[PDB]
Every structure is written in C-alpha cells, then in structure tokens.
Number of protein chains: 2
Amino acid sequence: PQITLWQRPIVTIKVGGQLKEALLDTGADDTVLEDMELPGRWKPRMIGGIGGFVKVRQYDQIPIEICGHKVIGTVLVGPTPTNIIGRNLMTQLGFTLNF
Amino acid sequence: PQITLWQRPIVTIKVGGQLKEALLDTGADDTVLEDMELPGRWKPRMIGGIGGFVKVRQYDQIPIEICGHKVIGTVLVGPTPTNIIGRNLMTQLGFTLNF
Ligand SMILES: CC(C)CN(C[C@@H](O)[C@H](Cc1ccccc1)NC(=O)O[C@H]1CO[C@H]2OCC[C@H]21)S(=O)(=O)c1ccc(N)cc1
C-alpha cells in the first residue's frame, strides 16, 4: 500500500498482546515504545533524540504485528512522546520512500 | 525515485543559499535545521522529542530545494543534533511511504 504524509503515518501495532498505535518514523534508526511489559531480559541502551540522550530498555527478538505483518526484532522501551517504529522494523516490512 | 530504508534516508537540500544534508523524517511534523540564520521574521517555539524539548526559531514561507525540487514551507531552526526534513515539506514533493 501507499501512505501519504499530510497527517502523521500512524499504524496499529500488536506487541506483548497489546493493541497500540505508533508513528512510522524514517528518522528513527530504532523502534522506541512507551513503557510496557515485555518478556525476557533487557540490556541498557542510550539513544540520542532531539532533546538529548535517554537511557532506555533494549529487548531483542520481540514479535510485533504491524500492518498485517509479523516482524521480530529489537524494541527499545523508554520515555518517548509517542511510540515510534524505526527503520529496523520498517525494513522488515519492506517500506521505502517514493517520489 | 525510490529510497531504501536500510540506511538513513539522507538527501541534499539547498536552503538560505547553503547546501546541506538532511534526514527525510516521516516522524517529524515539521522541518528543523541546525542553527543558522534565515531571512524574515521568526517566532520562538519548543519542540519535544526523545530527549525532551529544544527551543527553536520558526521561519515561515522559506524556499527550500530538496531532491532538485523547489518547495516552500515552515522551517524551524535550533539546536537539533541533525538536519531533519519533516512532513510539511515532504508532502510538497509528493513523498509517500510504500510497502
Ligand atoms: C520522536 C518523534 C515523534 C519526533 N522526532 C522525530 C524523529 O524522527 C527523531 C529525529 C531525530 C533523528 C536524529 C537525531 C535526533 C532526532 N528520531 C529519533 O528520535 O530517533 C531516535 C530513535 O532511534 C534513533 O535513531 C535516530 C536517533 C534515535 S523529533 O526529532 O523529536 C522531532 C519532533 C518534532 C519536529 N517538528 C521535528 C522532529
């Protein structure tokens, strides 16, 4: 499908048995979700956003359902203005930018 | 053209007489560039993201060349860690996300 950008490109995700909304974010290398419970162990990760650097929780190999597709990969959990699906998972979906 | 997301989608822009590299950012509502001077009036603004908020100056109706194409719109200028082309300008090039 094709998604224009007059409004935020928000999609429904299913992660950790929870239905949420998230921003398709080509400016994000990594996927960052607001605080939630995920299984398994996490490791520390520091990410640099527009406001500076933040400690987040890195969970690896996490199943997420996005746009009718299952992806599996690294999900960072931490204080973010909004859930963001970064390039690590958008590539799993085969997203490209087109003009 | 079609731009991959395996790497950050960076493109060359021309703005304020100056050539720069910028991140195509579907996750960014507005275009924000690293501190520079732009002609005309501006209004102070705060934008929030991963690390918190940054204070920027908002210039309206600023001409920018992106991917060889001339567009106009709002440009926020401030202490962002990188130049970001937001949705407000990407729409004007008919940019879409496709999968
Ligand atoms: C958090 C989003 C809702 C908004 N951010 C846009 C987003 O694309 C930023 C854009 C961005 C890009 C680089 C540096 C700072 C901000 N990326 C980002 O925070 O990514 C972090 C998560 O993965 C990592 O990969 C890149 C940085 C890390 S934002 O930069 O804060 C932002 C907010 C408002 C406007 N107008 C413009 C930009």
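Throughout, a chain's letter reflects where its sequence line sits, starting with A, and its residues are numbered from 1. Start at 1 and go down the list; that is how both ligands and their atoms are numbered. Worth knowing before you read on, the calculation uses all heavy atoms, side chains too, and leaves out hydrogens, waters and symmetry mates.
In the deposited model, most contacts to ligand 1 involve the chain that the PDB entry calls Protease. As for ligand 1, the drug there is darunavir. For darunavir, the other chains with a heavy atom below 4.0 Å are labelled A, B. By chain and number, the binding site of darunavir at a non-hydrogen cut-off of 4.0 Å is A:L23, A:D25, A:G27, A:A28, A:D29, A:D30, A:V32, A:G48, A:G49, A:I50, A:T82, B:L23, B:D25, B:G27, B:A28, B:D29, B:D30, B:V32, B:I47, B:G48, B:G49, B:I50, B:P81, B:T82, B:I84.
Applying the 4.0 Å criterion to heavy atoms of B:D25 picks out, from darunavir, the atoms 6 (C), 7 (C), 8 (O), 9 (C), 10 (C). Among protein heavy atoms, atom 25 (O) of darunavir sits closest to A:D29 N, 2.8 Å. Of the protein's heavy atoms, B:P81 CG, 3.6 Å lies nearest to atom 14 (C) of darunavir. Residue-to-ligand polar distances place B:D30 within reach of darunavir: an N/O pair is separated by less than 3.5 Å.
Nearest protein heavy-atom contact of atom 26 (C) of darunavir is A:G27 O, 3.5 Å.
Checked by distance only, darunavir and B:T82 stay at 3.5 Å or farther apart across all their nitrogen or oxygen atoms. The closest protein non-hydrogen atom to atom 16 (C) of darunavir is A:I50 N, 3.7 Å. In terms of protein heavy-atom proximity, atom 11 (C) of darunavir is nearest to B:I84 CD1, 3.9 Å.
Atoms of darunavir lying under 4.0 Å from any heavy atom of B:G48, numbered from 1 in the order shown and given with element: 31 (O), 33 (C). B:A28 CB, 3.6 Å is the protein heavy atom nearest to atom 38 (C) of darunavir. Where the criterion is an N or O separation shorter than 3.5 Å, residue side chain and backbone included, A:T80 fails it with respect to darunavir.
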